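Featured here: a structure holding lincomycin.
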Amino acid sequence: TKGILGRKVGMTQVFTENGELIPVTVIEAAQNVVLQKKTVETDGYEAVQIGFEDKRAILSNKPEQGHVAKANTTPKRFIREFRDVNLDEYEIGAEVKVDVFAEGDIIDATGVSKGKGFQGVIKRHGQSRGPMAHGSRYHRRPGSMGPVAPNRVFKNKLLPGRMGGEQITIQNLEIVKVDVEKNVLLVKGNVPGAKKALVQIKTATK
Amino acid sequence: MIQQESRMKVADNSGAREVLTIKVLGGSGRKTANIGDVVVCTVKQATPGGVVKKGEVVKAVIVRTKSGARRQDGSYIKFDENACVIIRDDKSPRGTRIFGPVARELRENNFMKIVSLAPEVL
Amino acid sequence: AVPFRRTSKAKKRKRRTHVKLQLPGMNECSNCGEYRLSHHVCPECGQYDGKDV
Amino acid sequence: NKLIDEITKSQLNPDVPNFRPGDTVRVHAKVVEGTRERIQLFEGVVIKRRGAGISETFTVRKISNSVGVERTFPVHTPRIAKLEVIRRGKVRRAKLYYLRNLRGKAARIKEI
Amino acid sequence: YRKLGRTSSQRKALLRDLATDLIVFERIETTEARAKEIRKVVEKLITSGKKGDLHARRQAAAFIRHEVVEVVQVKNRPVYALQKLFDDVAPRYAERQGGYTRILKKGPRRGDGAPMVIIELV
RNA sequence: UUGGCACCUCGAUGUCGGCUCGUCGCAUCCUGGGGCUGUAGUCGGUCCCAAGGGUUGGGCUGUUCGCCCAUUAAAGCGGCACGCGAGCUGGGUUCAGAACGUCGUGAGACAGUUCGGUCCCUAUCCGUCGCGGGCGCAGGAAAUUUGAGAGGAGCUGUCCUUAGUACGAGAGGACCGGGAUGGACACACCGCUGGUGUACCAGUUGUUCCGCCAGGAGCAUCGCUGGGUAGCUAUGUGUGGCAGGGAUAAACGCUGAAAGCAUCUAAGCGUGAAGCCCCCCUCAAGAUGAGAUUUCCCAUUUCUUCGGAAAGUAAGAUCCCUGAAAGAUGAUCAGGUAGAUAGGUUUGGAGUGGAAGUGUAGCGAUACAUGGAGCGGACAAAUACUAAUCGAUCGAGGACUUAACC
Ligand SMILES: CCC[C@@H]1C[C@@H](C(=O)N[C@@H]([C@H]2O[C@H](SC)[C@H](O)[C@@H](O)[C@H]2O)[C@@H](C)O)N(C)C1
Ligand SMILES: [Mg+2]
Ligand SMILES: [Mg+2]
Ligand SMILES: [Mg+2]
Ligand SMILES: [Mg+2]
Ligand SMILES: [Mg+2]
Ligand SMILES: [Mg+2]
Ligand SMILES: [Mg+2]
Ligand SMILES: [Mg+2]
Ligand SMILES: [Mg+2]
Ligand SMILES: [Mg+2]
Ligand SMILES: [Mg+2]
Ligand SMILES: [Mg+2]
Ligand SMILES: [Mg+2]
Ligand SMILES: [Mg+2]
Ligand SMILES: [Mg+2]
Ligand SMILES: [Mg+2]
Ligand SMILES: [Mg+2]
Ligand SMILES: [Mg+2]
Ligand SMILES: [Mg+2]
Ligand SMILES: [Mg+2]
Ligand SMILES: [Mg+2]
Ligand SMILES: [Mg+2]
Ligand SMILES: [Mg+2]
Ligand SMILES: [Mg+2]
Ligand SMILES: [Mg+2]
Ligand SMILES: [Mg+2]
Ligand SMILES: [Zn+2]
């Protein structure tokens, strides 16, 4: 199981050798370093901690500087753990390049979905509108809060509230191209998040 | 992108001039039919002396739509109108002639007799 | 629609725990010697504490 | 995006001629019929050209057997053997959607 | 871009009014939201002024108000805001790339607590 | 269900059907497993286990119901104030008008019909969905996390092959296994196809204005019309429910006595469901049981008999300011000259479609050239020109006991 951290650059399309045209997400994954290895003896579980993008000194504090000094590297914007990896691979301070993947590798992409702010039940939960005419005064409303008997509302009556900005995993995206000199992965289809969003690419759990 | 109540020109030689879509086939709640899909339909306008008569409930394959079709190569095809061809339970047309162009998608769905009779297959 | 019970003094006072003003963000100027909002012009001197006008 | 431009640059077909909406073009389109690959000519007026770089598409309209047919292509698709501009049309706009509601004579584009 | 509690046409009128005021008076007091919109519009008028040619003068003329700034006296002819923008204001920013305005924060207005600012050329 | 009773409510517990939103039971409609069959096969019948998910769109009628059309794997039956009117509707019913049949001498009335007919309310509390502030968590901090526990998901068709094999006199026609491809549903995203796009580009009418012409501006739904960027989007695209594992239900067995036999059961072994627990996705240490790892700061001053107190600080954080990928506000995240955070500027790009001025041709409307021109919100990159100045505020000094090393 291999893993890397990249930024979503954007979407485009590529023609396959076949001739088919496929949509791709461009993930730029430069400056991934191995910062720490967690073992069962020390931490209670196997994981490798990867630091992604380089960050100006004045944006880092002394606690951060002390943690990346152990891996002889500069402060890092994003630090994430990968579990289910082989710790025998990964030396502390080693770069992690996008060539840990190959064209045809099936990956899971994890990121935070775009923020839509306060949203109603129609957009947030795909509920149906009431009629728009025939005397209706019920358009974009949540529906009955429930029956009478329990003198209260059950605990998953879906209602308006803040919509996106959740963690999302898309499973089984094909890697379409790996460009090491550009530190670029091309992934078939889309991954969560706005442009410039952290994307965690790891080998498909399935 | 044809649904219940969508009317369609009949692109063939059988009596039917205009059909009304009664049902998109192939799924419990299937909303929409595309090029190459078979619909159940009623004949709303007939040609006097034709084989297929007004009020007859028939099956028809959609052979061109305004909502066209995407192809794997990333190209699309769209027609100026929605037309269908009345068929038997074997995918053969009730008519002897097909009028107007017909989408290549028919050849893939195995409507070979229709593809052969069509003046152009785009 | 309407209050079922009047609100007690305690409950009213708890609700107002957060109904308050914050102190303004201010500090003494060097040239003036008197208080001013940060990132504002100081009227005592009559200009921006740093940039003369 | 400059990085997406660099990555896609290699897939830009340089054989693509200069054409505008209003031009009559002849698309030599590859067609995989049964097993053997075939060239089907599609000749019509360029109705629309939209997008940028590898994502740029154009649409060609023709009347086939008294039915308007529109064919939309990626500009840089390798499934177009050859695109030749047959005549240069005199038009006043980028999108000739008005042609969708005109039949013969009324739908004529003046040649330049 | 900011909607300043106004419809589209009201907002264009407001921007043209304030843009002209800043060109004519060179220093105005307004609300922070208005100033943050005015800097964009005034800096583009000064850019036109620096371009200097007839096409740019006519683009500015479509925006700037027909206001008299002063009456100068050779006969005494009036000077129009457009003339001030092309002859007085623009030429004094000939060696300055952009950043023709500055916003000084002032303090809240008594009647509505609106945060007021000075916006000035320089 | 039709009823019986009259116990709560007449200083009001809104009553049918529908819409929205569901949730529960299982007496199971489908899908899963199985026994018997008057089970050859394909289909079925009947019973047992099984509530995970699923369970259509129309015609008629206020309807519920029901019949019908066309589908579907299937079109389950019930409960929740015949669920849900401070959520909607208001067709029916149950008001004042009017009329018909009928009854009544009449006023009027109905085992009846008909046309028409005011649906109020700013949410206090609990509850539900989101989002902050406080304190806690025996020092103060910055990150990375474990997962007790919770939520989500859970559906299914057709075709090909196995095989025209098994089975059958034929007609017909499989299990099991392998593949492909759908429907419905969900999540993400805008490259594509489209939608929108009220500070983008163009055309155009009327009238007023800019002194006039030219060129522009105002108002007429953004005047109208044709396009359209970013953003937001579905009807668009990508992906998912894969494959498992453990223990079981009904059931099938093995060994096996009680009961020299027999017997799946008593001791003891196995098989065995879409179900249970995992696996998958998300939240999660206020998990007060307040967990773990890495890193940072250190043991200051004056008082307090005493315990402790207060007052400068460290690491760090905030106020304030520039903002957007974030957003009701807080919050979050990107920045604050240790500077590309925003605006401007310069160069691009999309988009529009050929500016103005000038010239040429034409009697002229206009055309052509200069010239893919000019314009160009929100997109890209560079650039410190403008503004993120200058300040201030908060924030440790680590209790006791015992054990183990020591
Ligand atoms: C078969 C019916 C049985 C009775 C119904 C109920 C009652 O009287 N409802 C009132 C209601 O009028 C309005 S709703 C228009 C009021 O808002 C509502 O609160 C309420 O009073 C009215 C409809 O008659 N009774 C308690 C029992
Ligand atoms: Mg947002
Ligand atoms: Mg609906
Ligand atoms: Mg309304
Ligand atoms: Mg209760
Ligand atoms: Mg207007
Ligand atoms: Mg009694
Ligand atoms: Mg009462
Ligand atoms: Mg049962
Ligand atoms: Mg009706
Ligand atoms: Mg009821
Ligand atoms: Mg009701
Ligand atoms: Mg109610
Ligand atoms: Mg009588
Ligand atoms: Mg009535
Ligand atoms: Mg309300
Ligand atoms: Mg309240
Ligand atoms: Mg709990
Ligand atoms: Mg799109
Ligand atoms: Mg678009
Ligand atoms: Mg006008
Ligand atoms: Mg004029
Ligand atoms: Mg007027
Ligand atoms: Mg035995
Ligand atoms: Mg087992
Ligand atoms: Mg299943
Ligand atoms: Mg930038
Ligand atoms: Zn001062």
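Below, chains carry the letters A, B, ... as their sequence lines are ordered, and counting in each starts from 1. Indexing begins at 1, ligand by ligand and atom by atom, following the structure's order. Only a part of the entry is shown; contacts are counted within it.
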Lincomycin - ligand or chain assignment:
ligand 1
Chief contact partner of lincomycin (ligand 1) - name in the PDB entry:
23S ribosomal RNA
Which other chains have a heavy atom under 4.0 Å from lincomycin (ligand 1)?
F
Which chain positions lie within 4.0 Å of lincomycin (ligand 1) by heavy-atom distance?
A12(F), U13(F), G14(F), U15(F), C120(F)
Okay, for RNA chain F, which organism does the deposit list?
Listeria monocytogenes EGD-e
